[PDB]
Amino acid sequence: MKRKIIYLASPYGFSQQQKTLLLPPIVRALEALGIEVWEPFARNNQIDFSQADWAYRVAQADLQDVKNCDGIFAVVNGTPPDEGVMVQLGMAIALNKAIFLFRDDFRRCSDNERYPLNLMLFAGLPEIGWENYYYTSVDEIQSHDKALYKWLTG
Amino acid sequence: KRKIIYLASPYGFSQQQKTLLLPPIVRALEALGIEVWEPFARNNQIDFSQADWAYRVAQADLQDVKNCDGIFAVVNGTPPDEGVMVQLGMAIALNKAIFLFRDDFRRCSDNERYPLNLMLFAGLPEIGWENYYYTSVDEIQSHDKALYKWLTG
Amino acid sequence: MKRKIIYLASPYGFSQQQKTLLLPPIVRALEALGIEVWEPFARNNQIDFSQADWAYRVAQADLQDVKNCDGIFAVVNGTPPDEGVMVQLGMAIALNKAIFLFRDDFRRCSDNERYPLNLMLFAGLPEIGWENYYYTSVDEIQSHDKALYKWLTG
Amino acid sequence: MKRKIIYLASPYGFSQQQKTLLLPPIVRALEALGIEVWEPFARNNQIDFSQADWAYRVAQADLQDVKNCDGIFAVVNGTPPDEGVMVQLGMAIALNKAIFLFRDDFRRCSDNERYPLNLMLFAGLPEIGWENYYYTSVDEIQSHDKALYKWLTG
Ligand SMILES: Nc1nc(Cl)nc2c1ncn2[C@@H]1O[C@H](CO)[C@@H](O)[C@@H]1F
Ligand SMILES: Nc1nc(Cl)nc2c1ncn2[C@@H]1O[C@H](CO)[C@@H](O)[C@@H]1F
Ligand SMILES: Nc1nc(Cl)nc2c1ncn2[C@@H]1O[C@H](CO)[C@@H](O)[C@@H]1F
Ligand SMILES: Nc1nc(Cl)nc2c1ncn2[C@@H]1O[C@H](CO)[C@@H](O)[C@@H]1F
Ligand SMILES: [Mg+2]
Ligand SMILES: [Mg+2]
């Protein structure tokens, strides 16, 4: 059937080693669920970075990808989470996309007891049961008891 | 008549920043005839004894961005605040007017065109985005920049 | 009560509003205790930024000032705390300077349950009683029940 | 003769995927030069993390490790660099250890023209030729033309 499209938002493309070693396993786990993965660092591989307007066109391309995804899978590691990822997450919330968060970072960093991060990151998630959309390890992505799988199966 | 600006900032996280940094910016925005929605003030009366206060603040902030006319996002720091970034994103996706403020003199970015991550500028024009980018509090009321022009059609 | 030299390490010089509104109140609070305050953004205001070596000169003068102060007063607001403040805090720890920390940020941001920040920031403070060196408001700075006041009388 | 000891300071132990996949390749790059690698997350994995005082014990062990290493190899990826790495780098500078910086993150984030990061990170490096101590990929670590190799071989 038409594979669901996930926009995989991450800061992992800014580092040589992270792009090479951290992203492929996450892409693989998502694809093992039957997902069509739009990964921005891969999807922008061929830009003419010769050109001065390259940054604006990457921004417009990323904006179109988020508007056309079915859901976002946002890597929100780091203190704080990446600002580009955060802009993409807020776009997804406002457009009623499916929302899934990933953080295998064990530091807690927040102003509230309910959420391990700034509360805005959870605005598009339900009040009760948001943890089902919150993944804390790559091997958890495949879980039939978590929200990504449930969302794929109607 | 007056347009509504959502003033997104991390300045409510420090007692000193909330009292000393925010009022001057609120004053500058109001002196242009803008009705300013400042989230830390607008949620002063939310029951912070309750466990669900974080969810109610998040929905209130989401509703405010949906109902504001523009966002005025304080994007100081390396990197800019993540909640501000989420709210700027809602605003871009909802076709709100967008204005950015950064009086931080550090450059922190992935590109030479823009002083920050290019996603922050996704909702601004390709040419002339700098007219929407304020680098000092006293620049806010400048008649040559985008905020004043936006009020006067 | 002695006139000891405090190096006042902060990121508040990087923002125009912060430099003029947040930093002076902390300078005054320390000076109200009879401290000689070494504030780096003012102390290096007489440097020649016109030529390209100004960053190496400022880095060296900051290093000397930590070498010669009696204690550091590190403003460790932000998520995370400022990296230059962090380097200078590490210099002061290794140099056995007195250590005092300031955080009026409400957000707890940490690896661990003992301390509100990354544990390394506290390596130079006692195992028990470190709270007495940890200041969470401008008003608290002058309290005679906290370590800064007692250090001046020692 | 005793092998030179490098303290490998990084935030990579806070993320399960980063600890597993990013650290081993760097440890191997350093060991292939004959270095004894002190990596803090592994060196403290035997501490009893059920007890409340573990945070203090890790801080003191990290402090002692920096005092007893010959050099530090500081992973300063991220915006900004990790605050614990920064404290450990500051300790290393004040204690006249050899200093080496690693950043394969292509984002530039700084207050100056000369350096790609906050100028304090370079205070322990010479004014001229500091780039020789600054590594931008795992593959560069072994370069016979950069400062680590020269430091090992007199
Ligand atoms: N320079 C950039 N290149 C690419 Cl391919 N993507 C970028 C860039 N800057 C920001 N982004 C986008 O924003 C996030 C990283 O900040 C990613 O989800 C996505 F890559
Ligand atoms: N705790 C918070 N309270 C309020 Cl009223 N707003 C918050 C809170 N945490 C995050 N935010 C929202 O996100 C931004 C700061 O992260 C602000 O624009 C806005 F306040
Ligand atoms: N550009 C800088 N100028 C001065 Cl005077 N000090 C600086 C600069 N960049 C970093 N620092 C120093 O490091 C910290 C800020 O990162 C301060 O404690 C101290 F100011
Ligand atoms: N929880 C921590 N455990 C260990 Cl072993 N080291 C830590 C911890 N938190 C901070 N650090 C130290 O500071 C840096 C990470 O912030 C590392 O160089 C070193 F690990
Ligand atoms: Mg099919
Ligand atoms: Mg299955």
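Each chain is given a letter, A onward, matching its sequence line's place in the list. Here chain A follows the PDB entry for its numbers: 1-154, in order, are the residues you see. Numbering of chain B is taken from the PDB entry, so the residues present carry the numbers 2-154, in order. Here the PDB entry sets the residue numbers for chain C, with the shown residues being 1-154 in order. Using the PDB entry numbers, chain D covers 1-154, in order. Values below: every heavy atom of this structure, side chains too, minus hydrogens, waters and symmetry copies. As the structure lists them, so they are numbered: ligands from 1, and atoms in each ligand from 1.
For ligand 1, the correct option among clofarabine, gemcitabine, forodesine is clofarabine. Ranked by contacts, the top partner of clofarabine (ligand 1) (the one with most) is named in the PDB entry as Nucleoside 2-deoxyribosyltransferase.
Other chains with any heavy atom closer than 4.0 Å to clofarabine (ligand 1): A, B.
By the criterion of a heavy-atom distance under 4.0 Å, neither the backbone nor the side chain of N112(B) is placed next to clofarabine (ligand 1).
At a 3.5 angstrom cut-off on N or O pairs, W54(A) does not count as close to clofarabine (ligand 1). Numbered from 1 in the order shown, with element, the atoms of clofarabine (ligand 1) that lie under 4.0 Å from a heavy atom of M120(B) read 13 (O). Distances from atom 12 (C) of clofarabine (ligand 1) to the heavy atoms of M86(A), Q88(A), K19(A), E39(A) show the closest one on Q88(A).
Considering only non-hydrogen atoms, atom 16 (O) of clofarabine (ligand 1) lies nearest to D82(A) out of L117(B), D82(A), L89(A).
When heavy-atom distances to clofarabine (ligand 1) are checked against a 4.0 Å cut-off, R43(A) has no atom that comes that close, whether in backbone or side chain. The closest approach between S10(A) and clofarabine (ligand 1) falls below 4.0 Å for a heavy atom of the residue. The residue-level binding site of clofarabine (ligand 1) (heavy-atom cut-off 4.0 Å) is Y7(A), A9(A), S10(A), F14(A), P40(A), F41(A), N44(A), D62(A), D82(A), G84(A), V85(A), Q88(A), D111(B), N118(B), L119(B), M120(B).
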